[PDB]
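Note sheet for the following structure.
Chain naming here is simple, since letters A, B, ... match the order of the sequence lines and numbering starts at 1 in each. Cropped entry; intra-crop contacts only. Excluded from the calculations below are hydrogen atoms, water molecules and symmetry mates; all remaining heavy atoms, backbone and side chain alike, are included. Method on record in the header is X-ray crystallography, 2.8 Å.
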Amino acid sequence: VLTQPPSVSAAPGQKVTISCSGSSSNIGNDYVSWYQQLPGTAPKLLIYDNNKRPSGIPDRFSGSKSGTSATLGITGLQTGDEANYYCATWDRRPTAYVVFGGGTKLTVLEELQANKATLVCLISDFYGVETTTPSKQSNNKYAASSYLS
Amino acid sequence: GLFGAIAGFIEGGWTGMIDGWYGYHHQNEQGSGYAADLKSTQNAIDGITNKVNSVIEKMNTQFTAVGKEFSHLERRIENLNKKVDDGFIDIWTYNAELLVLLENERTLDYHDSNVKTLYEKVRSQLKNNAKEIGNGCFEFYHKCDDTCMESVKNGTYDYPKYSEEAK
Amino acid sequence: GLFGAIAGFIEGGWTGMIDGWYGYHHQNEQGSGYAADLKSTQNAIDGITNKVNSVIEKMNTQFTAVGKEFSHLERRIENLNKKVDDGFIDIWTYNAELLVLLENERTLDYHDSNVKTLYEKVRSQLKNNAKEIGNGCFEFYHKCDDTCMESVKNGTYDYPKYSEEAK
Amino acid sequence: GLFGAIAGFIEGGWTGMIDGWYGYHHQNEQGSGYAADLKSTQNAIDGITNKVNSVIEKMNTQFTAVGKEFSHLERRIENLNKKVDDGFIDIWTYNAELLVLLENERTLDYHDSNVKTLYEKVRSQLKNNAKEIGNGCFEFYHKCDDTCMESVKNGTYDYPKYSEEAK
Amino acid sequence: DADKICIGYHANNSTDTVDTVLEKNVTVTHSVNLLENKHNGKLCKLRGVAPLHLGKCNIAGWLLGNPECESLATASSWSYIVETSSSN
Amino acid sequence: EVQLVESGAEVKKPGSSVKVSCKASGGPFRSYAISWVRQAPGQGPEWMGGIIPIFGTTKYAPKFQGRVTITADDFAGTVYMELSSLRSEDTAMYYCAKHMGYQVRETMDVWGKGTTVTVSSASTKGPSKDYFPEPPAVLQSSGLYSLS
Amino acid sequence: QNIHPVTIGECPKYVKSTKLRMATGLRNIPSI
Ligand SMILES: *[C@@H]1O[C@H](CO)[C@@H](O)[C@H](O)[C@H]1NC(C)=O
Ligand SMILES: *[C@@H]1O[C@H](CO)[C@@H](O)[C@H](O)[C@H]1NC(C)=O
Ligand SMILES: *[C@@H]1O[C@H](CO)[C@@H](O)[C@H](O)[C@H]1NC(C)=O
Ligand SMILES: *[C@@H]1O[C@H](CO)[C@@H](O)[C@H](O)[C@H]1NC(C)=O
Ligand SMILES: [Cl-]
Ligand SMILES: [Cl-]
Ligand SMILES: [Cl-]
């Protein structure tokens, strides 16, 4: 597999770099591409053949490969650039296939009559049992839920 | 074939070259193998897919076309209607069969030209650093390791570098 | 192209050769320039004008062909008449479009063959008094002044005369 | 021709080669003569007979198709029937004439390719044991008696045997 | 000194053939069939709209109201009309 | 440009199989390969396999080797993906993406909008609490969602 | 299609042909 740092952060206007490290079976002997992924949308190609950009990708995106490590670079960091970034390459390991990196997140700075009874404990306005993961309100305060069957 | 390559001076095909239509088989001390030529296989796949789409687009679909009924006192227009229906079928059958016959001939010649173009490209690269031994093979006068072979297949063979290293 | 010359080993065209379709660009101490090859441009213009005239002559002009009127009790022959008119239009549209598609392919290949024929003619003339440097250029081993260059373009180059004068 | 041989670098034809379409004329101390190349003439006769049969088979015979009679009150369907008959004749006339025009061009180019294929076969055989003197002739550097000439025309010329015997 | 490279082309074990005017039954590595010869042997709905089968009756019997065609009195919409050789 | 349009969402039980499709604009024959990529929630993409024009040959990732079948109806400009012996872990968004050329490769330059496949032991049921496919909610061990 | 010249809907063009195969690849020569 390809290893990337799990998470990187920077302030607007800065340059960040996302490293992708593999082995001699993948990156060390084949080309590397990069994809950007925004919530709710499909992966978008940013870099192909190590360092080439498709039409429509701005100048501030760039890539390179050194031996076994590839590297994505972004400059003039914008709020719209906060997404997940993935490297991909052609692994000749066992049967050949396309392999993605782990990913790198860029941050910019009545019922009791049926012999059943369930508990209700809500929680919001923050910043046997199932538990709701902390979603995001329009308020921008964290909300969730929890129940003990 | 019109270009003398397929079933020509290259006597036959390669079941062991699986990744494309035209390519190389190399043989040096490190080993041997096949490799398709991507750039030329791609250009042909462009044209052939285009050819097939062209045939499709020219034969617009037939919509609802049912027969008609005539009385025993209307046999002249009955036979006229039959004459029309049969006539057009004879013509589209001719058109369909002829187009496929002619396009099939051109498609085969097309592949034959593509192989010949590839062979002459390599010949133009290697110049007199290698001996044209017929059957489409070049025998090198210098040691051509894997990097050397890889550069021939990329079109960036270095004729000056090896002209001094001949055996 | 089927002959590997146009967009082939001759990588591109010459906006500076204005007097014809195929020709030469020379370069010696006196100067440089373009010159169309009259004899081969003429042969192609013969054939292409002939091709265009052939298309014209095969499509005889349509004379007066107006529609017809039918009553509410004649819809079978009304629809038959419509079937006939539409059918023939579909067939001449197919014929017209197909002829132009096929002739366009042949016309381009034709030009490609003409360039390759010209290049091989010169190659056959110069023999080994000049070095084939790819891209369609020959580099001379002897000084080739304007008279020398003019004789190459006339097809009367003097291989014995210059074989003794190599640099 | 698209292949530069017929009416090309081989300036003309041979009324004295009577037994085939393409072949050889040799000239050594014992004598001279023509000889058709059987294998290549046969392949062409295969294809051309096939071509002619293909044209035949695509034009199925016309069976009984007589006219019809109409009264002075039936001129719309009379003219419709005339429109149909004339229309189909215009279309089969176009089909027939166009097929023959296009096949004639391909047939001539076909012969041109066959001659060029033969010339390159011999060239590939003789390699540098003979001098390409244009017009399609090879001038030998060694004595080539009748057995030698016969082996060239069989495709089993012995380039190693004669490379040591050059004059 | 025996290092060599050869140009060549693909082959496989396909047995499909094609025709040209010059030659018949040419085995080629790849081809497409352009001609459909297979049907399902049934009369179906046409884009979710079932046809009108007239059965024992013909056009005249349907519209006039022959006693044998009460099955057709409910016909409102359809995609095509089907008669048979027995529709008398 | 090119439009890749996947077929609708699917909800299937474990051990069954699903056949999704991807219809491409233009053509209908294409000169570039098409492969399928999926992505489970909170995960990176994983390639599944692809198919080559004219040659029709396929390559599959080792993880799905043995239970995925990619096919193409070039006259209908459509490519299919059939995945069998479904596990709950197969719940993901499935994309078709095209390659720049005719070989499958790390470079997919245009993607479809994706379609979802949900694999749960549950069946559809109306709410009373205890409803299945989503019309924030949480899911019990039952596979049933319960909201508030 | 060669099934029937009467059609309802969106059908292929009817022809009387029995074979219509179009080469996409090259001449297959596996064993020589
Ligand atoms: C292959 O050829 C391209 C030019 O077409 C060149 O840019 C590239 O560097 C070459 N690759 C190698 C390994 O020489
Ligand atoms: C050009 O060639 C013709 C033969 O085609 C010849 O008669 C003529 O003398 C040549 N011109 C010159 C200047 O050599
Ligand atoms: C002519 O060539 C064939 C091979 O094509 C060979 O078998 C035969 O012996 C040759 N004839 C002579 C006289 O060498
Ligand atoms: C081609 O093959 C078919 C089936 O094997 C056969 O019926 C037909 O006669 C053959 N035609 C020719 C010209 O070989
Ligand atoms: Cl061939
Ligand atoms: Cl061209
Ligand atoms: Cl000619």
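In the deposited model, the macromolecule with the most close contacts to chains A and F is named by the PDB entry as Hemagglutinin HA1 chain.
Among the choices CR6261, Lu AF82422, SAR650984, REGN3471, Sym024, the one modelled at chains A and F is CR6261. For CR6261 (chains A and F), the other chains with a heavy atom below 4.5 Å are labelled B, E, G.
In terms of heavy-atom pairs under 4.5 Å with chain B, the chain of CR6261 (chains A and F) that comes first is chain F. On chain B, the epitope of CR6261 (chains A and F) (heavy atoms under 4.5 Å) is made of B/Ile18, B/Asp19, B/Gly20, B/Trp21, B/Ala36, B/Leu38, B/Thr41, B/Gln42, B/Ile45, B/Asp46, B/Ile48, B/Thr49, B/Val52, B/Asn53, B/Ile56.
The residues of CR6261 (chains A and F) that make heavy-atom contacts shorter than 4.5 Å with chain B are F/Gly27, F/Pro28, F/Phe29, F/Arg30, F/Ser31, F/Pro53, F/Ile54, F/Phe55, F/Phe75, F/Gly101, F/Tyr102, F/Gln103.
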